[PDB]
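For reference, the structure is listed below as C-alpha cells.
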Amino acid sequence: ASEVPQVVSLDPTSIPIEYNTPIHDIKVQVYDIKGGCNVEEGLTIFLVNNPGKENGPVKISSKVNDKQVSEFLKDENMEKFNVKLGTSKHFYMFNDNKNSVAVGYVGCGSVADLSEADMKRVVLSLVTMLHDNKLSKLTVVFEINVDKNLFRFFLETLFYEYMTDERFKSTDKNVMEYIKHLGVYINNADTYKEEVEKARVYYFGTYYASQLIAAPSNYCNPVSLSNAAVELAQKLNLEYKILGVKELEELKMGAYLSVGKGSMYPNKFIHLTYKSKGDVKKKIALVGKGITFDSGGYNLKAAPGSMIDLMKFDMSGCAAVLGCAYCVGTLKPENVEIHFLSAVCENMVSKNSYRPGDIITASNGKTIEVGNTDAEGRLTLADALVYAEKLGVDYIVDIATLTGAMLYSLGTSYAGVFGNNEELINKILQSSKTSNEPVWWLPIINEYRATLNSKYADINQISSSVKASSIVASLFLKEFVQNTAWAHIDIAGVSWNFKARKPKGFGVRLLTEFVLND
Amino acid sequence: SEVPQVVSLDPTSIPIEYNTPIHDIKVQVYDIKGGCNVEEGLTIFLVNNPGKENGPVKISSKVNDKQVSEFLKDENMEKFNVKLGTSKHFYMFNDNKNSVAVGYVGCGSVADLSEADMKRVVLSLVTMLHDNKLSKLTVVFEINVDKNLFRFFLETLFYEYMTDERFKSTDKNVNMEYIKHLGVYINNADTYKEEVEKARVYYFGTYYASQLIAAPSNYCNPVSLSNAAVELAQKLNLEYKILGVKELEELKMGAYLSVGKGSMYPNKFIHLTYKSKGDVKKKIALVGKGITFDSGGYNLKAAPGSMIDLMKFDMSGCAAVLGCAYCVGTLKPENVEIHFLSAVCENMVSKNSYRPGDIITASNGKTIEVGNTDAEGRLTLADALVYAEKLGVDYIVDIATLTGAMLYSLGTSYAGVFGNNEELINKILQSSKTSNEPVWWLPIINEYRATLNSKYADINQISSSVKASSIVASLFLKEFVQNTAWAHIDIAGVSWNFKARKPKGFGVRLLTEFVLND
Amino acid sequence: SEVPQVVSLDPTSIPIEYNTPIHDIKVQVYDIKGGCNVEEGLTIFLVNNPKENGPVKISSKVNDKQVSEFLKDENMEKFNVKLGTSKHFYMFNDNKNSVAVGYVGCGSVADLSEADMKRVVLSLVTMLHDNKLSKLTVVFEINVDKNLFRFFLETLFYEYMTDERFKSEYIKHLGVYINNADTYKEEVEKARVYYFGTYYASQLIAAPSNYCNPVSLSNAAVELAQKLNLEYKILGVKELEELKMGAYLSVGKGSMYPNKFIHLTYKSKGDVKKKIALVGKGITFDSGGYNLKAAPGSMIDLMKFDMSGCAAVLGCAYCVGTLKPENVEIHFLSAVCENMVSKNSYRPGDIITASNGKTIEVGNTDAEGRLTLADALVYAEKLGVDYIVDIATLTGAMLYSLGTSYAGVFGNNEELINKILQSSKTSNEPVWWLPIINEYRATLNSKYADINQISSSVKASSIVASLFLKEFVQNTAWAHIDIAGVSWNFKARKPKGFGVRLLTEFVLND
Ligand SMILES: CC(C)C[C@H](NC(=O)[C@@H](O)[C@H](N)Cc1ccccc1)C(=O)O
Ligand SMILES: CC(C)C[C@H](NC(=O)[C@@H](O)[C@H](N)Cc1ccccc1)C(=O)O
Ligand SMILES: CC(C)C[C@H](NC(=O)[C@@H](O)[C@H](N)Cc1ccccc1)C(=O)O
Ligand SMILES: [Mg+2]
Ligand SMILES: [Mg+2]
Ligand SMILES: [Mg+2]
Ligand SMILES: [Zn+2]
Ligand SMILES: [Zn+2]
Ligand SMILES: [Zn+2]
C-alpha cells in the first residue's frame, strides 16, 4: 500500500469500489416448468419465440397454476401480440386469490438459437421493465431453448445491465430500488441450478473490471490501481507483490519505465498469484495492459477522432485480468497456478517524458527505437511479457486496448486474438464460445516483420510503412516471448460500450473460462 | 505574494502606467455661440451634411478671426466633402499674424452617428494627431451629440491616442509627443462639462484593463495579476482579500483548483469590495474570467484557427472587472456595495494537469465530468459563481472570453448576454446603450440541458451533441446559481481588436454604467 | 462497340500483349543426383543454412573443374545466406567459355513462405534484368512443395516480364536442377499458364482509365472469349434497363462511357457436376463521385486499379479456358462502369432500386462498388449456380485490418469459405477468413428506403459492406474477397494481378 501523491488536497487518494452490490442481495430460486408457474407478487415475464414465423404470434405454452391468469394468457388473447425480438408487453389482472398480479412477455424472435447479441437485446428489454417500476420480485419463464452456457450468460448479463454505478454521483443520485428476489422457470431445472452462483461470480468480476475502467484517471492512477489490486488479493487470499521503481530499475525494465517517466505517479507493476492447493498441472500468466491515462505523450492525441477523452479506459486489459483474479480466487480451480500481471503507468506530457526517437532498452536487453510515444502499450507489454516468461509458465495470454485499427477491422463486437501457437489460440476461441464473449482469430503476418528493422536500434517500436497496425503491434510483442505458447487479445474496439456510455468489463469471463476449462 | 521564476530574467510584476500622458492634457470646454478663437495648434471642425450623401463642407460656427473666417467661406470649402471619416488640413495666418492649422473631419450624412461611426470619426482625428508635433488640439462640434456620445467621443479619443510602449526598449517612437491642451467648442457647453472628467475616468479604467490584457503571460500570471489587483485596491482604498490555495482547498473549490493544477503559478482568487457610505440598497457581484494563459491543457489548442498565440487575452473578463473597480472606486457611487471577483489561474500542460475524463467536485458539491480541458473557463466560473452567491447579493454578473463560437454568431462588434432574469438582462442592455459598448441578448435554450447529463458524474462540462457552444456554456453556468438574478456576458469575439492588434478593454464602461445606473 | 472520344487523340482500345518473351523460354528440369552442367549462361544456387545468416556452402556436384573451384567451401564461406542476399561472378569454364555463377540466400528456415520465395525471386530477377544472358539455370539446394515450385516459376515469369506498352533481351532457356525432378515437370506448363492469366490481369489493371474504360474493357473481354472459344454476351444500357439494374446503372450515370456488363461462360465437356459464378468489381476509374476522393490518403491517382476484381476474373477465364478442367461450368461476370462527377451523376441521398426490387439509400457516392455488385449478385443468382464468389477492391479499411499482404474473405457458407482457404494454400495467394457480424446489420436500417448503402456509425467498413452484399444472395453459397489492400504493389509501382491463381485453383480443385 503506497501513498497516492496529490497536487491539491482535493485530489482523491483511492478508487471507490463497491463490493457488496444490490445484485448480491437478490435471492435466486430456479423451478422446473413441469410443476407449473405460480404467479404472485412482482412481475412475471415469459420469454417467448415463434420459430419459422418472423413476427409470429405469442402463444404461452407453460402450465400456470392459476385459473384467472391461465384464462388471461390463453391463445385467443395472446395471438394479438407478436414475438418480434426485443418487443415487450405488460399485463395486469387479479389471480385466484383476488390479488392483483403483473405479467408480461419479451419477444425472442423466430430463430431458435439466440446469439449472444440477440440475448443481450432480450435482456435489455427485460431491464427496461425493471427500471422505473418499484418491484420486490421478478420471475422469468423460459419458453425458449438455451444451453447451460447461454442460461448463465442470460443471468450475468441481466445482473450486469441492471446494476447502476453511482459512485461518482453526489447531487444527482437516482431517487431506484432493486428486486430482492428472482425466480426462474425452466425445463430440466436441476441441470441449470449450478449456473446460478457461477453467473453471480462472473457478473461481479465483470462489474469489478467495469468499476475500475469507469473510474476517471484522477481516481484510478498507477498507485491507486495497484493499491486496489492489493486489497483484492487480501480479500481473496491471493499472493501479491507490487514492484516499485527501484525494483523495476534493478530488473532493467527500460521500456516500461520510459513510458511512465512523464507521470507524477510512480510506476507500479502488479503481480498476483493464485495457486491450487493440490498438484499443479498447468501454469498460466495473464498479462493486462495497464495505462491509467493515455494522452499519447509528445505524440499527443490531438487528431480528430483520437478520443483523448475516453483514455481512462486504457487500463481495461489490467481490469479484465483483475476481474479474472476475482473469479478465480472465488471459484478456486484445482491443479493450476495463475499469475495476474500488469505493468501499470500513466502516459503524459512533461519536461520528464520520453521522446519520439528515444532509444530505450527492454529487460531482455533488446534496444527499441521509439517512433511514436502513443505506441506506449506495446512497450509496457514488452517488459511485462519478459517478466511473465521468466516465471516458467505453460501459457502467456495478454489482453490490451492496443490499437484503434481494431475499430476498422472487427469493430465494436468482436475482439481479435493473435498468437504464436495454434493449440493455445484454439483454447482461447473455445473459451470465447463458452463465455459468450466473441473473439476472432487474426494472423501475425511475418512479411511485415522487416518494416520493424531499425537503422540504429535492435528494433522499431512502430512500422513506417505498414498501416495494419494491430498485426504490426502483434509482431513487435512476439519478439518478447522466446520459447512459450503466447496469445494476445486486442480489445481496443470492444472494451467501451459507446452507445451505452459505459465499459463492458470485456475479457473477464473469457479469461476465467480459459483458466477453468484448462 | 512572491512571483515564482524559472530563470532570473523572468519578470516578477506587470508593468503598469498610472499617470499617462492623457492625464496631463488640460481640457477646456467653451460654448460655441461665443465664437471660436483660433490661436495656435490644430483646430478641427466636426461637420456633416444631413441628407446629402458625400455633400459639401459648410462651416457654420462663428470664428473670431477675420483671416480664418475668410479661409473657411463656403466658396473655398466647396471642393471638400463630408464623407464619414474623411479629413483635410488647412494652413494660414490669423489676425495676430501667427500661422495656425485648421481642418475638418467629415461625419457623413446621417444626423445620428452610431458608436461605430463615431469611432471612425475619432480614428480620423487621431491620424491628424499622429506624426505631427502639436501642443494643442481644438475640436468644434458642428454635429449633434447627446451627453453619452460626447463622453464616448472623449473616452475614445483618449484611448485611441494613447500608445502602449511598456514593452518597447530599442524601438520606442522617438517622435511621439502628446498635446498638452484640448479645447472643445459645443452648443450648450455647461451641460457637457460634467462629462469631461467622467470620460477621463472611463478612459483610464479601459486603458488599465487594456494594459493587463496586452501584458503577455510571462508578465501577467495569477500571482502578478492578483498582486496588481491588491495595489489597485490600496490606491483606491477598496477592501481586498486574495484567497490562496489553502483557503481555496478549505472552500472546496475543486473545479477552479483542477484547472490550475498543471501551472507553476499558484491559484489566486481576487476579491475586492466597494461599499458606499450610507444606506446600501443594491449589492452586486461582478465576476471576470481570469485565465492568464489558456493553452487548452491536454486538449491542446493545436487545430488550425485555434489562436493559441492570442490566449494571454483569456483574462479579459478579470481585466474588465478590475477596470470597473478603478472607475467605481474613483467615482464613488452612493447606495451600493460591489464585489469584484476573479478566480485567477493558468491552464497548462504538465505531469500535474487535470485530464480529459477526470471527475471533479465543485464547491457546491456537484460532481463534474471533464469532457475537454479546453472548456476550463466555465469550471473556474462555476466555483466563482458559488462563492458570489454565498455573498448574498442582488445581482451576479459574469464577463468572460468563454467560447470561440461567439465569432460565428455575433462576430467582433457585439458581445452576447445570457441570463436567468429578464429585468437584469434589460439593465445590462440599458447599460450597453449608455456606455456605447454593444451587447445582444442570446437565449439559454433549455432543450439542450439533457446533453449535459453525465453517465457517472452529476453533470458534464461539455455537450456530446450540441454545437451551440455559447448556449451550452451558459446552461452549465446556470447550474451554479441557485436563486439569484444572474447574467453572463460572453466577450470572446469582441475583446481583442484584431485589425488594430490590441485589446479593446471591452466591458469596463458597460459594467460601470450598470453599477452607476443602479 | 465503338469507344466514345472527346478528342481524336483519345485511345479507342486497350493495348494487350498476348505473345510475350516468357512464352519463348524453353524450360527443362533435371534431377540434382547426377550433378549439374555449367556449360553456358548464368547458374544460380538457392542455398540456405538451417546458423542464422551463416555462410554459403554448396553441396551439388558440378561437371566443370573451374566452376567446382569457385564453389569450394573456402570461397563460398565469404558469403552468407541472409534471405535475398546474392552474389554472382563471371568466369571462364573448362572450355574457356564465359559463364556466370552465383547464389541467392534462402535464409535459415526450412519451410519458405510465399513471402520468402517472392524475396528469393526478386533477387534472381535483379540479376536477369542486369545481364545479357541466353540461359538461366537454377539449382534447388533447398526443399520445396510441388505448389511452391510452381509458385517459384510463376513469380519468376511475372516479375521478369516488363510491361512496355505505354513507353515510346530475355533468356531463351531455363534449366532447373531439383531432387525428384520427375514429380515437378507437370508444374512447368501450368505455371506458364498461371503466369499469363496473372500478367493479363496486370495489363488490364495497369492500363490507365483513358485506355481502359467500360467500352474498351468489355471489347477486350469479347476478344479474350473469342481467342479461347468461350461463350460471351455483353449487356448494354437498354438490356440493363430492361433488367432493372438501377443500382448499377446509377453509378454509371455521370460517365461518358455507357455501362457494359460482361458475361463469359466456360462449359466442360462431360457431365457438369458444379456450376460457379465468379463476379469481379469493374469500376474503370473511381473518382468517388460527388463524394470526391479529396481527403489526404484517398489515393485518387491509383483509382484506375478499381477494376482489379474484373481483371482477376478475366485472367481466371484465360487459365480455365486454356487448362480446360472437366465437370464444371463457370460464368465470369463483371458489372463494368466508371464513377464520375458530372451534371448527370448520382447524388448523396439518392434512392435507387436494385434489380431484385430493394430500394437503397445512397449515403456515400464513393461506396459505388457494392451497388454495382448488388446488381451483379442478383444476376448471378438467377443463373442457378452452386457457388457465387465475388472479388473486389471494395474497402480502404482492408489496409488497416489485413494490410497489403493478405486478402479478406467473408461469406455465408463455411464449406465454401473453407474451399477458398484451401485454394489460397495451393495458389500461394494468401487469404484470411473475416467475420460477417450480424449485430452490425441494424446500422443499415434506412429511415426511408429498404436499406442503406452505408452505415453511419460502424467503422468496421469491410464487414458492413459484406453485410450489404449479403442481402443480394438469398439461397446460394456465396463468398466475397476484398482485395483493396492486396491488389496494387505500392512499393514496386505495379499490379500484383491478385486473385487469378486463387480463383483458378478454386475452379480446378472443387
Ligand atoms: C501509433 C499507432 C501505431 C498506435 C496507436 N495506439 C494507441 O494510441 C494506443 O496506445 C491506444 N490506447 C489505442 C486506442 C485508440 C483509440 C481507441 C481505442 C484504443 C493507435 O493509433 O492505435
Ligand atoms: C471545448 C469547447 C466546447 C469550448 C472552447 N472554449 C474555449 O476554448 C475557451 O476556454 C476559450 N478561451 C475561448 C476562445 C476561443 C477562441 C477565441 C477566443 C476565445 C471553444 O472552443 O470555444
Ligand atoms: C465510403 C466507404 C464506406 C467506402 C469507400 N470505398 C471506396 O472508396 C471504394 O469504392 C474504393 N475503390 C476502395 C479503395 C479505397 C482506397 C484504397 C484502395 C481501395 C472507402 O473509402 O473504403
Ligand atoms: Mg497511446
Ligand atoms: Mg479553453
Ligand atoms: Mg469508391
Ligand atoms: Zn494506449
Ligand atoms: Zn479559455
Ligand atoms: Zn471503388
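In what follows, every chain begins at residue 1, and chains take the letters A, B, ... in the order their sequences are listed. Quick note: numbers below take in every heavy atom, side chains included, and nothing from hydrogens, waters or symmetry partners. The displayed model is a subset of the deposited entry, and contacts were enumerated within the subset. All ligand and atom numbering here is 1-based and tracks the order in the structure.
- In the deposited model, most contacts to ligand 1 involve the chain that UniProt calls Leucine aminopeptidase.
- The compound at ligand 1 is the drug or drug candidate Bestatin.
- Other chains with a heavy-atom distance under 4.0 Å to Bestatin (ligand 1) are given as A.
- Residues contacting Bestatin (ligand 1) within 4.0 Å (heavy-atom distance) are A:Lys289, A:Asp294, A:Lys301, A:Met307, A:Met311, A:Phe313, A:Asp314, A:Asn372, A:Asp374, A:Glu376, A:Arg378, A:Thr401, A:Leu402, A:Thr403, A:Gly404, A:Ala492.
- Nearest non-hydrogen protein atom to atom 8 (O) of Bestatin (ligand 1) is A:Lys301 NZ, 2.8 Å.
- Counting only non-hydrogen atoms, the residues of chain A annotated by UniProt as peptide-binding that lie closer than 4.0 Å to Bestatin (ligand 1) amount to A:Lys289, A:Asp294, A:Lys301, A:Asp314, A:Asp374.
- Remark: atom 13 (C) of Bestatin (ligand 1) lies closer than 4.0 Å to at least one protein heavy atom.
- Nearest protein neighbour of atom 19 (C) of Bestatin (ligand 1), counting heavy atoms only, is A:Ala492 CB, 3.6 Å.
- Rounded to 1 Å on heavy atoms, the UniProt active-site residue in chain A nearest Bestatin (ligand 1) is A:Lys301, 3 Å.
- Source organism of chain A, per the entry: Plasmodium falciparum.
- Looking only at heavy atoms of the protein, atom 3 (C) of Bestatin (ligand 1) is closest to A:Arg378 NH2, 3.9 Å.
- Annotation for Bestatin (ligand 1): atoms under 4.0 Å from non-hydrogen atoms of A:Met307 are 16 (C), 17 (C).
- In chain A, UniProt Zn(2+)-binding residues less than 4.0 Å from Bestatin (ligand 1) by heavy-atom distance: A:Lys289, A:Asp294, A:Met311, A:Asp314, A:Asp374, A:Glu376.
- Other ligands and ions with an atom less than 4.0 Å from Bestatin (ligand 1), by number and name: ligand 4 (magnesium ion), ligand 7 (zinc ion).
- Per-atom contact check: atom 21 (O) of Bestatin (ligand 1) does not touch the protein, criterion being a heavy-atom distance below 4.0 Å.
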